[PDB]
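A deposited model with clotrimazole.
What you see of chain A is 40-488, where the numbers are those given in the PDB entry. Atoms within a ligand are numbered from 1 in the order they appear, just like the ligands themselves. If you're wondering, the header gives X-ray crystallography, 2.9 Å. When reading the values below, keep in mind they use all heavy atoms of this one structure, side chains included, and skip hydrogens, waters and symmetry mates.
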Amino acid sequence: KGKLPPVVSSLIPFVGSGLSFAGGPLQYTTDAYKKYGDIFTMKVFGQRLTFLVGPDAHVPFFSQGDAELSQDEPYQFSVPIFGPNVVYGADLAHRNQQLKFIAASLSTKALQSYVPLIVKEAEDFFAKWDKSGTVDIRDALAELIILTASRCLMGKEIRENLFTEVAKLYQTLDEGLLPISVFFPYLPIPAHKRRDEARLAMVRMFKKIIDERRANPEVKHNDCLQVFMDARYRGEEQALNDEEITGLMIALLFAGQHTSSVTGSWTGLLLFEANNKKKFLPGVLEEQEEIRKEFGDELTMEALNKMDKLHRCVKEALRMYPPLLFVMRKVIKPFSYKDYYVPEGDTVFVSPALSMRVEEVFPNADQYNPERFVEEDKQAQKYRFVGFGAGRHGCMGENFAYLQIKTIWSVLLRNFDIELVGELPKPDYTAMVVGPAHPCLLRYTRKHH
Ligand code: HEM
Ligand SMILES: Clc1ccccc1C(c1ccccc1)(c1ccccc1)n1ccnc1
């Protein structure tokens, strides 16, 4: 020992926190921070869960690598969803390579030639609205992101032919992921048997396409799938098999939908809220106008990357309502932070939500102020904002996401007047995909296309 961080109280034998933590996750971890500060521990059926709040506290979590902090135990729910030997079900030698291949397929070189695809989809999608009306922005953006992701991740075969079949197989997999599924990933309920069956179907679907492509050698494709098909395990001629390629597909597909789709929605919902509109919208519209002068009606990456004021509106919707509540590692080598000592065996927690609501980090943290990031971007200290994580395993889609969300909102900002229906949605912290609560409504008054 050295000094163990404060165990959070509870009078209920054996379960301890558990019942209070599940149902109230953000609220309970938040009250723990006020009671026990920076770093604290929850016992639930004798599992120590140590929590880290604020930049000083994050440093043990994001600095250490794989032989000091492991991802496999607390991300085991992913394994039957993605498949055997995929990502967190893969041995570190095999995993980090796959993670390298994922990085290639979402690199700035790859993302340049995805932007046209991203833009076209966004544009064809929003064309098909009326002169006027009212949508659920969450639903709408959810539809579009899977649709473009279908093309960018999976290819155009899958896009033009097989989309609604894929959108079906996916809906199953998100339906085989319940609270219960994170605790017992292979529990033989029906939802998991649908899921297990779906995943096996999606493998067979991608079998069709890879056979096709290898029988037509020279025809070039521009998608993630093509990168994965040409990925090769170091030393080994080996080369990924079909079951593995789908897993990565399924993994990235999931990413789009569990996160891009919800901050996507948040950005708009927050921007077009009437006090947040009266202050931060004009600045964004003048930004579009000044970008249109330099580049024209076209959206290219070059244009999108200059959209700094909008970029911030996205980054602030991520600061306030980040889609993933916890990131997690089981501790291998023990470690120290302040006077305290975290021992081998504990699962350590960081809460993007909570750490980004800390006053001494973000002054006025309950307020929407995108332009807080003008000075924040200059700050020296690592790990203040954590929406996309950090370190050896920070997000690899952060560019892709900012791109896709900006595309959506540029295309929307330009072609429509938008207004928030009713008052701002509450967040759904106690749900599987932590979004805004329906009805997430926007009235659209079009203007002059
Ligand atoms: C607003 C949207 C998103 C947010 C907030 C987000 C957030 C994060 C966070 C916090 C992590 C770290 C997980 C950890 O600590 O182990 C992460 C990892 C990752 N994200 Fe995202 N993400 C987003 C969108 C995407 C998209 C669209 C993709 C891919 C298409 C993607 C791919 C990944 C990958 C591959 C990792 C793994 C890092 C690793 O283990 O090497 N993400 N993301
Ligand atoms: Cl599986 C996981 C655990 C913790 C945080 C994020 C993710 C997740 C992911 C996606 C693809 C490859 C590895 C991990 C993920 C996958 C499936 C369902 C939810 C989260 N993710 C979401 C957004 N960015 C990353």
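Tracing clotrimazole through the model gives ligand 2. Per the PDB entry, the macromolecule in most contact with clotrimazole (ligand 2) is Obtusifoliol 14alphademethylase.
For clotrimazole (ligand 2), the heavy-atom contacts closer than 4.0 Å come from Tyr114, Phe116, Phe121, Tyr127, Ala290, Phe293, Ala294, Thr298, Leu363. The entry attributes the source of chain A to Acanthamoeba castellanii str. Neff.
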